[PDB]
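Lab note: Proteasome subunit beta type-2, carfilzomib (bound form) bound.
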Amino acid sequence: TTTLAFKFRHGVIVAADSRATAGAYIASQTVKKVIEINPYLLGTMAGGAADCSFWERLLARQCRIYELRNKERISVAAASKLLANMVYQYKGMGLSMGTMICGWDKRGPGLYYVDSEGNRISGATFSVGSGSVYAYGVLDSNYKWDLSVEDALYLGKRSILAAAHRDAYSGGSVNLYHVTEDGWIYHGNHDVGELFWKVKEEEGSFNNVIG
Amino acid sequence: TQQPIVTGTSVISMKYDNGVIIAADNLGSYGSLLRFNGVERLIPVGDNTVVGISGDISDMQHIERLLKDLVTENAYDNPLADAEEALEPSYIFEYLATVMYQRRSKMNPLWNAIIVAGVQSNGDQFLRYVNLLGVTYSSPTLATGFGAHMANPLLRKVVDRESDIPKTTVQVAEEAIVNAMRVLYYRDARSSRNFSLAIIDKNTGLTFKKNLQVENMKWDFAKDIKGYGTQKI
Amino acid sequence: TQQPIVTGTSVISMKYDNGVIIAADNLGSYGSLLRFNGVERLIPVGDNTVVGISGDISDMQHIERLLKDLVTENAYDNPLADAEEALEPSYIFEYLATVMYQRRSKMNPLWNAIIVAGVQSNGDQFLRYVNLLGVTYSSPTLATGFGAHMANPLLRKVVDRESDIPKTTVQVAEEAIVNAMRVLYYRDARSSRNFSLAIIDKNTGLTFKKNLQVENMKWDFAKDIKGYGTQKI
Amino acid sequence: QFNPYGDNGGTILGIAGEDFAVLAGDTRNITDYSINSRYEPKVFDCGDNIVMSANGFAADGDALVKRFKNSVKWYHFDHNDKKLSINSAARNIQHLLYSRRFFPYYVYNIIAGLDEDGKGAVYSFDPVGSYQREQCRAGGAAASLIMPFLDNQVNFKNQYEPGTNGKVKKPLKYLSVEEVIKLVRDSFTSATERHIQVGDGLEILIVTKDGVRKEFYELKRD
Amino acid sequence: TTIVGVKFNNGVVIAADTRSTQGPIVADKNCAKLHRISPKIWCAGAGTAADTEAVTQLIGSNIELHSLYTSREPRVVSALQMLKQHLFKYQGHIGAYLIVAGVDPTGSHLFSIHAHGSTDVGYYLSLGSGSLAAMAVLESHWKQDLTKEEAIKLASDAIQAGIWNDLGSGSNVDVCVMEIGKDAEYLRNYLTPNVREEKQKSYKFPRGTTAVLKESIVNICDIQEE
Amino acid sequence: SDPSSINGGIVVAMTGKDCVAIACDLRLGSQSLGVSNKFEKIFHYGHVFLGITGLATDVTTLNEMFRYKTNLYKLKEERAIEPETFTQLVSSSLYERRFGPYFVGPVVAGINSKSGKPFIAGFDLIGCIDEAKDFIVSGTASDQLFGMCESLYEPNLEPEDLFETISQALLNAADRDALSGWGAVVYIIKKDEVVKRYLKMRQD
Amino acid sequence: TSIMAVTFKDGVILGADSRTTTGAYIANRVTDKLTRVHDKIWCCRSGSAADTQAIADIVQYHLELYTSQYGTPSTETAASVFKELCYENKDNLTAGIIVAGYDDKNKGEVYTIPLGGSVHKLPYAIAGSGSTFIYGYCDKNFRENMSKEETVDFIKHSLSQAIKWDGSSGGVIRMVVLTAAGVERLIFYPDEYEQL
Amino acid sequence: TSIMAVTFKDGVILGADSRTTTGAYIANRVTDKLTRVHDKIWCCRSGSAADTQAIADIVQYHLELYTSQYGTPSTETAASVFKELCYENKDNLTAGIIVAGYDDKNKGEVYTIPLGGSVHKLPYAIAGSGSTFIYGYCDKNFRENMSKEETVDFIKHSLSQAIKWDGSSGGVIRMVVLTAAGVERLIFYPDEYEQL
Ligand SMILES: *[C@@](C)(CO)[C@](*)(O)[C@H](CC(C)C)NC(=O)[C@H](Cc1ccccc1)NC(=O)[C@H](CC(C)C)NC(=O)[C@H](CCc1ccccc1)NC(=O)CN1CCOCC1
Ligand SMILES: *[C@@](C)(CO)[C@](*)(O)[C@H](CC(C)C)NC(=O)[C@H](Cc1ccccc1)NC(=O)[C@H](CC(C)C)NC(=O)[C@H](CCc1ccccc1)NC(=O)CN1CCOCC1
Ligand SMILES: *[C@@](C)(CO)[C@](*)(O)[C@H](CC(C)C)NC(=O)[C@H](Cc1ccccc1)NC(=O)[C@H](CC(C)C)NC(=O)[C@H](CCc1ccccc1)NC(=O)CN1CCOCC1
Ligand SMILES: *[C@@](C)(CO)[C@](*)(O)[C@H](CC(C)C)NC(=O)[C@H](Cc1ccccc1)NC(=O)[C@H](CC(C)C)NC(=O)[C@H](CCc1ccccc1)NC(=O)CN1CCOCC1
Ligand SMILES: [Cl-]
Ligand SMILES: [Cl-]
Ligand SMILES: [Mg+2]
Ligand SMILES: [Mg+2]
Ligand SMILES: [Mg+2]
Ligand SMILES: [Mg+2]
Ligand SMILES: [Mg+2]
């Protein structure tokens, strides 16, 4: 996998590839690694597909009962912490999860990294997965706070592409999301095969590759 | 988790036009030691089912008791225990298969391979296999252990598919089983000459044959074999 | 590196006023199996030395051949081979000790424990031990294997230190050795009743006794022992 | 040491049409280099126009199917004979699988049927409950042999329109049941040639609004 | 693999299947497991494929040189002895399991040979993963004083048992008959009971379907004159 | 750790009517990392073509080795080596390292200059020959290639038809393998003309 | 150990050596391996000394309680109680037991219970490390319906050989005769049985 | 395996079963384990089939070369050559061999060579996995200076029991008689020896 997310002026961008692997064998290439917890909350998946899917779906149900008892949408911090405490019970037992809880709440846009090891970190920029290391190069070099929605969406898309190209266990297609205070907005599924050639021509990058 | 101590080898079986046949030798081995020579590994359940068991003998004796108790329990408050609500081969098998899978799921298995052979109420032939892992399958011929490697090929020459079953008589089927038992005696180092054979026919019922022996063996050609290559004397 | 297969148990020995005594049973064990009942483990070298060997019997037979060849080689171009330039116990021992240490240093040992017993030219008693590691030591009493644990305590009651040697006669020393061999038969699970005994005296020379048996055993008290605690019948 | 798992071989294949769905699988059961059965059904009609096949370790596959069939039975009892939709079954199966996250069902699992809009649906599961709706999916021993062929012949991957030279793709035209069954038979005939655990027979279950139909074809017995 | 050897009245016959595996995958559907050591000495091989070939080519080469040196037709016992000593020396690491048969001035012979260097004599033998399925047939149908035609039938029936019942064996049956006073007849694909059925569809593509970037002529010829 | 899957790669060869074709991917990796998209795995010694998959150092080494041996063969024999003869030389050379083998999966392809007969062959890492009539596959996506070739292939294909068949077999197999791709090349070989085509594929 | 039990005309006779070992050291040379679980139901013990003692003690408790409620138990019943313990605790035990008893109705009966916890009713039985060496001798020399004197000689000769070849067997030969007449203990010393 | 060699009045007789195994599979049921290293010096082979064949072949070569230079070798000499191979290569071999031969001077002689490579001259010898079960029977029934017919029956009965109890032993009983009269091969089939 490659997944990323970052805070900025106009909310938070969330992007991810779609490849699923079983050794060298590419089992699927149509996997949704972004889970919609509520119209204002997203969750990313990396590592154990089954683990990430189960626990984040179970979290979405915790976040919903919260809204019913409290007449109030759960905060990003509280949601991230419920997950963290849930997976902490099974620590050392074999769980493999690398997630980011992205959303907009009362404190503005929120972004937390949560994993099966026990980490829970608030931050403006994250990337988790086998291809995260490639994505960080593009993010760190081009990331501002004063970024337009159009340019921010492109950055997250271009970052996954960088990783999808180099990392053997990343690719397929890019799923984009933009989270505002009026909720998240899906910005499509983009095949890396087609996207790569397009970006190569328009941007001039990947000069080493022939096409 | 354990290891098997006293063991029973192959159990072989096949379907024929009117029923099923099943056979197994009378040996209880203790590693390489052929310890117990009078062990019955075919266990009838009523007059319509025979359970053939291989593997650990202590676990076999346990299963034998579960089956005996099953008959006792089925008769309780059951006026039709010797008629419509009698035990069927399919009931007996599913019970065992349930137990075997539960025991493997607790990491404390019954170290056996079992073949349930019988004839149902409607006259249909029943033949199904189950083992220590809870794995089940059915086929026109079934065999455990070495029999799977040596007997099945011979029995599949008689009944290669489902459509060959009606064409196969009891005389032909028994002949094939008896031949397979001879071959296993030639080639299986944990087998015995003495064996038991059971036939469950939809017309003539259950016939249980004990104290059978492998006969018509070929050994005479051994006298001409000398050395391992170059030796002449 | 290997493992011992066919093995010999304890060899026991002690000094007395005029010489040395050495003894060992006639058994060649094959694990828990008491395979070979006629094995001689005391090997005389001339009329002044006896080498007692325990451990691997194939390695013992090898050493036995080295010693036989040593005698042959010493006689070569040696007019005084049966006199002044005859083989001494100290020569024979140092040779073996050299071989044992060299073999362990190549990580391919002779899997034995050896006691060389004899009387020197000047009448001095010789008694020294060597094993598969090349480890050597001398004492008024010496024993290998189980004998080290059971025989030495009994023999050290007769000769506790160097000054007790002149006070110890051949009749007393032999009596102690014979008693120790009985105790080892009671208590060592890899021992036999039959044994050989050798005396090397500075006056009467080499006396080699074969086909000795452990006698005067106590077993009668066993009849009164019943159960393991509470049982009365 | 006791090993609670085993490998019974077998291969399965699900393809979703526009108004139908197929679930195919070979009928061969094996341990190591021995054949247990040449005809041991692996694909089942579970009710409510849903077909299912779980295998690898036969004993775990039989148990999962048995449990899901039971889940359908109790869904009717508890919710007024309501029809269990394919998406609801998929989610239910996830929870059956994850209930043994620390002693997994050692199986590949595929279900097929029709969605609530009447269109064909195929869902794929990993041993611990990660599931995906797909158009085409093979599972089991020869999954890696078959899937690339289906990427090419069902989704027209790496196929472009002549004359344009890589500028315009082959358009995604839907497939008929007759065209799909051809791909299924060719897939399994090819897998039988190069995989030793695949052969003997091929059983196909087709699902339409009218119900569930079966088709059986022989395969090589070597 | 399944391989067998059967003696008869005036000679000996060997047979083999034609499958070669790489795990659960079939690498070759029509592999040739019957090897010629000398004109009238043939061996069938099971185990590590390269080893059965290499060891056979080597001993066959040395047998040919021996035959030339001695001005005699090679003997089966010579091939047997040379093989077992070679295999014993490599202590089983050369995974060749062979059935060696042939006719020579001494008569007809049939031996088996294992990777560790042990040999066995018999009237009927079987090696490989399907050896049990094949031996079941041989033990059921073999008799003394077989004819050539009866022996070929028995041998191919034994291989078929392996083909059908053993997953490590499949495809076709190869046979080689070595009769006294005759040329050895090598019957490649004696039986062909596993032909693939016609495919339902043709997957021939329209020309221009594949996207191309560059084209170029490859110069395979040498440097030219002028 | 597994030497045969560190660098990744695939090779496939097919026969046609009076023609042969051999193809390969262009990827060289260090496990998950992609290092080069120009690592061609097909070499030729005169009119005989050799594709090699597996450990890249051994691929490079064996090419240099067979170039060495075929150049000497030619100087002594006064003629180019043929595919049947070259196939035996590859087998001989691999088995001489029986107990310290090159971690490779070679594939030979060519047309006998005298008989005009198309020829392909495959080997395991220690030298066993697999002489096939239809096709040969090798690499990390060998299972995938077997599935594509066994269903797409039909005998007696014309050069321009064979090109499409082998290209689609390679491309779709590579797209189901993480360790294969990053470009592809196809050689179409006839008795006295050889065309080489680079394919356009997804670069992930 | 070397243990055996043999049925004969008038009942049954149990036999055993008297050696218990810790490696090659003989921890006790006058052991009594023939233990009583009821008046005329005895057992021969082989394997772990601790395990076989613990088992025999529990069985004696069960049969004592059985007797208080239901009267004298059968030899088959005693063998079943042994089995239940040996089978259900097979993972944690190392016990090879031979059960022998005398009824007036059933007369002499012998049941052997090896490691797994299986039960086998036999005319005679042998067990222990030393039994391996006398399978051939016992099979050739055993007859049914022997006399008391013939059966004593059969056991004496059999255990003599077992002791001769097995290092883990030795000492005295103990025997227990179970008949209608009562319970007789016999003992035979090395000087007697070694010269056979 | 089950092998034995027995000296008697007129010479010596070798005996063996015919089973060779690969685990529980019987790879050959008509094996000839009685192998000739010289005209009247034979051996019984147990252990690895490959190792014992390689050894016997080397010994036959050594004794053939001995004979060409120094005339007929003694049975002791043959046993020494076996020993030298088995002892010096003990780390890499698994061979249990019994050497038997007939001289006119020394008459019948038997040497056994177990795993370690030690040599033991005996009146009779038994070896192989199946020998364990007949130590008692053979010790009780062996006499010195038996007749040919008595010795054949002794071996037949002994190997019959060994085969009966050992799964690694079976098939036919082969025998080789070594006397002044010459060399006689005997064979006994299951139907004959099982009913003993
Ligand atoms: C990138 C693509 C890889 O790092 C991402 O991290 C993605 C994240 C997405 C899918 C949410 N991760 C994977 O693709 C992930 C990698 C992985 C595999 C196994 C454990 C942890 C991480 N892949 C999976 O989770 C696959 C998804 C399947 C192919 C749809 N699942 C498996 O491989 C399953 C799960 C196994 C399992 C996990 C925990 C306990 C028990 C079992 N395993 C199998 O299907 C068995 N496997 C089949 C292939 O042959 C080998 C055996
Ligand atoms: C039946 C079919 C199976 O028992 C027969 O016994 C045949 C015998 C005939 C063909 C002579 N045996 C095989 O087909 C044999 C089975 C086998 C496999 C592995 C070990 C021993 C036996 N198959 C082979 O030998 C193949 C032949 C190829 C397909 C042409 N070779 C391999 O599988 C090699 C094994 C090489 C080897 C080296 C050292 C010791 C033992 C074996 N394996 C590979 O090539 C796998 N891998 C591919 C990627 O590159 C790295 C190696
Ligand atoms: C013959 C000897 C063989 O079958 C008999 O069966 C007799 C039976 C009579 C005594 C009941 N068996 C023994 O004597 C028996 C043999 C034995 C040994 C170890 C395990 C099982 C059986 N010996 C013992 O039980 C002795 C009795 C002590 C000396 C009083 N016990 C030990 O040797 C204990 C055993 C502890 C144990 C280990 C594993 C499983 C169960 C129990 N061992 C030790 O004290 C340490 N010992 C010495 C160093 O080597 C390790 C063992
Ligand atoms: C009886 C059986 C026991 O003492 C006899 O001694 C006979 C003697 C005659 C044949 C000389 N011995 C055997 O039959 C002998 C038993 C044996 C087995 C293993 C090691 C030593 C002795 N059997 C064999 O030697 C067979 C003969 C082959 C089948 C023709 N060989 C094997 O079993 C080989 C030996 C490899 C080996 C292993 C360890 C040490 C030395 C050699 N083993 C295998 O092929 C492995 N086999 C396949 C996979 O399953 C495990 C067993
Ligand atoms: Cl005790
Ligand atoms: Cl042999
Ligand atoms: Mg197949
Ligand atoms: Mg790829
Ligand atoms: Mg990638
Ligand atoms: Mg003793
Ligand atoms: Mg036997």
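All chains are named by letter (A, B, ...) in the order of the sequence lines, taking the proteins before the strands, and each is independently numbered beginning at 1. Excerpt of entry shown; contacts counted in excerpt. All heavy atoms count here, side chains included; hydrogens, waters and symmetry mates do not. First listed ligand is number 1; within each ligand, the first listed atom is number 1.
Put simply, copies of carfilzomib (bound form) show up as ligands 1, 2, 3 and 4. The letters of other chains with a heavy atom under 4.0 Å from carfilzomib (bound form, ligand 2) are E, F.
Neighbours of carfilzomib (bound form, ligand 2) among the ligands and ions, at a cut-off of 4.0 Å: none. Residue and atom in covalent linkage with carfilzomib (bound form, ligand 2): E:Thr1 OG1. For chain E and carfilzomib (bound form, ligand 2), the nearest UniProt active-site residue, with heavy-atom distance to 1 Å, is E:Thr1, 1 Å.
Entry name for chain F - Proteasome subunit beta type-3. The residues lying within 4.0 Å of carfilzomib (bound form, ligand 2), counted on heavy atoms, are E:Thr1, E:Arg19, E:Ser20, E:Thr21, E:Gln22, E:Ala27, E:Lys33, E:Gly45, E:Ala46, E:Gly47, E:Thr48, E:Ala49, E:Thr52, E:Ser129, E:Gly168, F:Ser4, F:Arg98, F:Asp124, F:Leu125, F:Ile126, F:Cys128.
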